[PDB]
Asks: 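Following up with a structure containing aducanumab.
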Amino acid sequence: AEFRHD
Amino acid sequence: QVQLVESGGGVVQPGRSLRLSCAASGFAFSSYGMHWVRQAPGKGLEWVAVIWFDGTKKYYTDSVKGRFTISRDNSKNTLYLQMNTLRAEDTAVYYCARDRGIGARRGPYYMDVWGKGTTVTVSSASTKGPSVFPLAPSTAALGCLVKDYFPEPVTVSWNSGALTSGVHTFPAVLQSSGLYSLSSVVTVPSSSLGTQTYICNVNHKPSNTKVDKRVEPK
Amino acid sequence: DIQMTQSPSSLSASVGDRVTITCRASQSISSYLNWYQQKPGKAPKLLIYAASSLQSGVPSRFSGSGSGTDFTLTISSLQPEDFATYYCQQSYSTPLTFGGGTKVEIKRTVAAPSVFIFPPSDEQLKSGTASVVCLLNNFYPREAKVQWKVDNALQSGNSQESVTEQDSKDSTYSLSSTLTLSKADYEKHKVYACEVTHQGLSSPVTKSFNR
């Protein structure tokens, strides 16, 4: 689970 | 005076471990996210890992998942990187960098402050001083071949520092044996060879080796 | 994972010129794009964040534009200190990725390399190994090709090369190419040649020797 903006 | 100072780097064998530290000063450490960025010798920048300001979220580049662990002790103003199961391709200069964040969740935005870096060399080679060989001449050119040493670095001057102009000491290359090699060449007018003597001064601190080699036309 | 493609990988320029570099993203990163400057042996330095915002303290000549997938870094009028390598980095989603880097070097007129070749020393020969060095000296531009032949047998893979940076005075490059052979393999042949092609050279120069 990667982090993504918005 | 905002500062980030990395330490912990050194020579390590493959499959072994290393803990990098990064001491922060001059700002509110526990309010910033921190990153570890690395640069293999002669290559570009590669992101490694980020940890949130509150230490609650961590992300890693794929090649280090399950091997590297990023941590922080906000009390000590210290960032840490635990590097397990090291491989040759982990050889790099490692930088810590602070990221202020953006958005509601304070995810990464930009890296405005960096440390100077710490050098990690992953090799199963053991400390070994160089063998210095002449590059004999015949504008003329001569030089020294500094072959088969470990680890970096080695320094080369000519005539005990007297001779400087016309000298090119090349960046070292890593051979398939895992030892390093470099050449230092100097260019001088043809007339000089008959009388002038040319010495290259090789110093390899890690193995405590100093060598003076005279380069002569054969 | 988002790929950052930087172009060109290298470029030449002179003081006062206007330079532009491009980072292209494999998918939209909105405007989470950053630009960094790095000089040899030094840590990166942030120039621009959020595609167009300029980091506090950075000269006004630096500017950036772009959104989505295409981005530009602009130096208005170049300066002597600006000759360095520039990386872009997307900050939209993990894993965070940098571009390959764009080296900005000093432009100068074409210069040809002075080629020398060095047989292995007998001192080295006793040990059981033989290194043949070929020295390309003070040429321009950086691009060059070096070709090793041993009795016309083309050598591929058993050589390495390293280059200096541009010189403090004349902005030139120098290149060493080292061919590595066994002692026995060295004894078994007579002609060792270094063939060099370069823009400043009208025809491929060949420097050779015999055992």
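All chains are named by letter (A, B, ...) in the order of the sequence lines, taking the proteins before the strands, and each is independently numbered beginning at 1. Recorded method for this deposit: X-ray crystallography, 2.4 Å. What's counted below: heavy atoms across the whole structure, side chains too, no hydrogens, waters or symmetry copies.
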Asks: Just need the ligand numbers or chain letters for aducanumab, all copies if there are several.
Replies: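 The answer, copies included, is chains B and C.
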Asks: Quick one: which chain of aducanumab has the most heavy-atom pairs under 4.5 Å with chain A?
Replies: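 With the most heavy-atom pairs, it is chain C.
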Asks: Which residues of chain A does the epitope of aducanumab include, given a heavy-atom cut-off of 4.5 Å?
Replies: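 By heavy atoms, the residues are A/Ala1, A/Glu2, A/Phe3, A/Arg4, A/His5, A/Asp6.
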Asks: Which residues make up the paratope of aducanumab facing chain A, with heavy atoms closer than 4.5 Å?
Replies: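 By heavy-atom distance, the contacting residues are B/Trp52, B/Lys57, B/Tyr59, B/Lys65, B/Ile102, B/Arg105, B/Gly107, B/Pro108, C/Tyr32, C/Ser91, C/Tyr92, C/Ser93, C/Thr94, C/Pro95.
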Asks: Return the PDB molecule name for chain C, nothing more.
Replies: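 Per the PDB entry: Fab light chain.
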